[PDB]
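Structural view - salicylic acid in its complex with S-adenosyl-L-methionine:salicylic acid carboxyl methyltransferase.
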There are 2 protein chains.
Amino acid sequence: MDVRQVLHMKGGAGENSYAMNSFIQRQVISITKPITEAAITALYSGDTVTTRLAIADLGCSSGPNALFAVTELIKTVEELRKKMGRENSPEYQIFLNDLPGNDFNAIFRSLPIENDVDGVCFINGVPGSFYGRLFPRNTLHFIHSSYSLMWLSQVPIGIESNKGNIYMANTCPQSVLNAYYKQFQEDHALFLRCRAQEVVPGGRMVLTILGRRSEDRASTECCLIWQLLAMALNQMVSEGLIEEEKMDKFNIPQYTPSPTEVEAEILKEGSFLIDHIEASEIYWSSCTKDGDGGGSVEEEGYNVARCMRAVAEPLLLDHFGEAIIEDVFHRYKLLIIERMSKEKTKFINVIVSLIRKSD
Amino acid sequence: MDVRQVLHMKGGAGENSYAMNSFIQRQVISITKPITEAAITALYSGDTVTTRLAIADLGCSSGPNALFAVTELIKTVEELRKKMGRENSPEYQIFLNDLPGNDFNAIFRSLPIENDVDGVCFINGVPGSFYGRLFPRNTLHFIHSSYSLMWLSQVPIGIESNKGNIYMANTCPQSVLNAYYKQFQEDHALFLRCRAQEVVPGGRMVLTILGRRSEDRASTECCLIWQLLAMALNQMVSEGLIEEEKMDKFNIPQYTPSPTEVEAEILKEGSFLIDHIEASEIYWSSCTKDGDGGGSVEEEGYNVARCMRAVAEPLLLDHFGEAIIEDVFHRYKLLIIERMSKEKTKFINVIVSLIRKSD
Ligand SMILES: Nc1ncnc2c1ncn2[C@@H]1O[C@H](CSCC[C@H](N)C(=O)O)[C@@H](O)[C@H]1O
Ligand SMILES: Nc1ncnc2c1ncn2[C@@H]1O[C@H](CSCC[C@H](N)C(=O)O)[C@@H](O)[C@H]1O
Ligand SMILES: O=C(O)c1ccccc1O
Ligand SMILES: O=C(O)c1ccccc1O
Ligand SMILES: [Lu+3]
Ligand SMILES: [Lu+3]
């Protein structure tokens, strides 16, 4: 019950939600530029990428970021082909992938409004799950992917997650719960097999999954944010609100963090090589040089909520209905604002650069 | 003034408009099956199409039809590969193209809801004008295209089209108007050049443009339907309604019919071969075995209007605003119902099958 595929996407661009609330995932893509520079330099260096380069963003979204990274690759490549590696640029063939029901219209419109693109970039939207095959065999040289690979194929089955039902969140789950991990394995390995068939032997993949360091499936490194949402909900279930305890006891984000558990999966599948694989970290700055450069009634208050709202409003709205929503984010907002103080909130970013190997 | 590219699309699927009003374009695709059978048999016969076949619909839309034809090719091909021509099927790679701002979400959703597809069909939406390049060089084996190629790049420039301003419509235009033809040439030839670069040397293209026989740029063969709309409008301009005469004197559909004028263009560009090229015709049946199998208060009344509404409501709504709309189609409706009687309304379908030649 609950088909992630048909159910989740991020709030649709234009308005205040996901486009107007994804600056943090934007900075992560920023900071991850170097790892990707090595990646495309390495791949461009010497032919495999001849007359056609085919970059593909997996789990892109709406608004900026969708094209942000696939636009700093075509950049770099062009800057090489001129400082020499070849005399002509290749034609860039882009593939923006996401689940059906993401805002492809929003991108095709308010975005490529940039008619064509430099070096000529043929853009293509590919709807579907990346936990399966999206492109023909040996079609791709380069696969980018930030903050999307932690999302799961489905919710993990066995679940007695009562209190902090929401997630793998720490304290009170009972290892029985961590069938999440058992889930991540079959999902992530099925992702790799597929990618292995479509990525050309020289091809590169730079995946950025939001995970952790603590090797302890339950830490504020990953479980807080949902815990905070859960906490917001459990108070409303108590206060009497349209969640019986029967309803909340069924909601559960379906995604999993982790760091070495990744390499653990990448080599099990003997398809990709590995490189610079690390785990960076970022603060819930969730802003920019924003007008008011506030404290918490801003920095997390609102900015970290509107983000977690554009990110989960649909999962919720679909499991509890609109009547709630307004209220759960007003509360959730406050909880993080306060939780912002007693501690320094942040996320971990297992990053991996890879190479289809074999031949 | 009036960027077709940003401005027109057909009414967005789901509701009563284009999905629920395109049965006529559906029958044309039906009747055009044979020409396409020859086309893909010829192309499948003997390798060029090895492990990857790449069909691409140009000017697809929303709802059925988008996939309708690209789904009766993958069909046919499969039926050959088994009655032998090979032991395995290729992977099908589909490209659905339309202007930005068509309903790609509607297709990606309510349509591929059919998870994947038989023989595995990777679907890709390509937003952009086909009066330019949409895919890399030598990327395509097979290009389908019904009722979209008569649409122009833009409105033709010089225009003193006062009365039946709406179109190339007969009586009262003054050959000066038929700068439409001068338009069709630069548009259609620029379509061919582009297609010529992306269609692989063995590749086929089956284009179905709504045109005419009469070789006379102005006949009920093509100019009636708009004339009828124009007629509906001119009565409202008169009746005082929110069209000064200044407004109506600027609206003008930007597309052109024709039949031999097509081959005339295809060989001028020395890129494609030609084959079975004909011109079939179809009645404004605009229905199916519909409940009530009416007469005219139905057959054209409504059914031929709702179609011409899902087809032009946007061009209008954008040139005159919503205040009108309701009223212009109520009237337009009646005019065709009546015009249905004194005569037997129908359209002509210049159809062309082609082959990238050279090498
Ligand atoms: N199985 C799956 N296949 C494809 N996309 C998926 C997916 N599961 C989740 N996603 C997508 O992953 C996207 C993650 S949000 C990504 C934001 C962007 N890449 C950035 O770095 O800012 C969501 O729109 C969601 O629909
Ligand atoms: N320059 C252009 N490039 C791509 N698509 C175009 C175009 N000009 C018009 N179109 C598209 O052509 C489509 C024609 S309606 C097509 C219906 C479908 N092919 C059928 O046979 O029923 C419109 O959605 C429109 O946006
Ligand atoms: O999918 C996301 O972008 C996301 C971002 C921050 C925290 C949890 C998440 O699932
Ligand atoms: O674009 C169409 O589908 C169309 C259909 C019937 C008459 C005129 C048109 O432009
Ligand atoms: Lu650089
Ligand atoms: Lu057949």
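Sequence lines map to chains A, B, C, ... one by one, in the order shown. By the PDB entry numbering, chain A shows 1-359, in order. We number chain B the same way the PDB entry does; the residues here are 1-359, in that order. The basis for the numbers below is simple: all heavy atoms, side chains too, and nothing from hydrogens, waters or symmetry mates. Just so you know, ligand 1 is whichever comes first in the structure, and atom 1 is the first atom listed for that ligand.
- In the structure shown, the parts corresponding to salicylic acid are ligands 3 and 4.
- The heavy-atom neighbours of salicylic acid (ligand 4) at a 4.0 Å cut-off, by chain: B.
- In this entry, the organism cited as the source of chain B is Clarkia breweri.
- Residues of chain B that UniProt annotates as binding substrate and that have a non-hydrogen atom under 4.0 Å from salicylic acid (ligand 4): B:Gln25, B:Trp151, B:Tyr255.
- The site surrounding salicylic acid (ligand 4), defined by heavy atoms under 4.0 Å, contains B:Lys10, B:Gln25, B:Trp151, B:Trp226, B:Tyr255, B:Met308, B:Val311, B:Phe347.
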